[PDB]
Amino acid sequence: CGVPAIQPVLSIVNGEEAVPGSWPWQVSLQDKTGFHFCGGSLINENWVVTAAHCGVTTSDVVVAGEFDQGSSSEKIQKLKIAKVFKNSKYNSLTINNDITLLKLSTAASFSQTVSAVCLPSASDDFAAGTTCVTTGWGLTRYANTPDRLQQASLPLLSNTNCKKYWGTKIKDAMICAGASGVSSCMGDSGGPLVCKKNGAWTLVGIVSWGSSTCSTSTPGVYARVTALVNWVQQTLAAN
Amino acid sequence: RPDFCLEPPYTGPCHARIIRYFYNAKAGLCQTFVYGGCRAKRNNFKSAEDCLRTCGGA
């Protein structure tokens, strides 16, 4: 996990186009018509982790190996969803514990453009200031979504610095990043916020919420995977 | 009809791209808008039919 067959080229509003297939775990969550409403991350061949607020259902589909959503010829994998596991602790009022697992009907065929991201340990500590990356097909300007997958490097923020803006809205299962010239935006939800752990890309956050105008000087808020990974492991173990 | 029917559509702070319907009193019909996935207001419906049954004529 966490090692793309195709290396990404570093250096979402104000982000940049990603090298095709360089973020193999990124999936597009779409309705039966092909309409992209959220992103997601493959954690293995049969499971996808996304945000709880995305409201995924078994009627929706997981699209893996995609880069250009405007290309009808591009080879991709349209995977059906067998069951949806929304974290029962998801708070629809505070948006805390914003995570959902998707169990595929048919396993994804891993390849050069389709593979899994690594999951962290509940005790992992990704220092504030650490430069991580987020990806997705969300708006690049706050309008329709970009056809090609975007990426952006951004720093993790300490809870103290995040609260300087969001105050008590920041809960324990949330981690902030950004306010650095880039921002996740409409359509990025459920997607990954990854940081390197021993060189391997590991899921530290899940795009959740933030500025209502996708301001690049405001902290972005993500579901803190370290606070939710035990729930993830348990769910996989029981299913 | 409920006054919430007269409120403009509310996307919310979450970053999803979910199609929902809201009643547009100016035009007299329910229109689509993009909902962010959380903290929806009442003028937010999953189908045009639900929206018209709740806000039609406001």
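In this entry the chain letters A, B, ... are assigned according to the order of the sequence lines. Residue numbering for chain A follows the PDB entry; the residues present correspond to positions 1-11, 16-146, 149-245, in that order. We number chain B the same way the PDB entry does; the residues here are 1-58, in that order. Technique stated in the header: X-ray crystallography, 1.8 Å. Every heavy atom of this structure was used, including side-chain atoms; hydrogens, water molecules and symmetry mates were not.
What binds chain B most in this entry is, by the naming of the PDB entry, Chymotrypsin A. The name given to the drug at chain B is aprotinin.
The contact residues of aprotinin, taking heavy atoms under 4.5 Å, are given as A:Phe39, A:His40, A:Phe41, A:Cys42, A:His57, A:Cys58, A:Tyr94, A:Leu97, A:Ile99, A:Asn150, A:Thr151, A:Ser190, A:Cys191, A:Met192, A:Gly193, A:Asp194, A:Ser195, A:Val213, A:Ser214, A:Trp215, A:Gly216, A:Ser217, A:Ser218, A:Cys220.
Heavy atoms within 4.5 Å of chain A occur in these residues of aprotinin: B:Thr11, B:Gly12, B:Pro13, B:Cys14, B:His15, B:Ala16, B:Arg17, B:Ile18, B:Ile19, B:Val34, B:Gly36, B:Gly37, B:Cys38, B:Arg39. Most of the residues of chain A within contact distance of aprotinin belong to the UniProt domain Peptidase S1.
Checking the UniProt active-site residues of chain A against aprotinin, the nearest by heavy atoms (to 1 Å) is A:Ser195, 3 Å.
By the deposit information, the source of chain A is Bos taurus.
In this PDB deposit, the label for chain B reads Pancreatic trypsin inhibitor.
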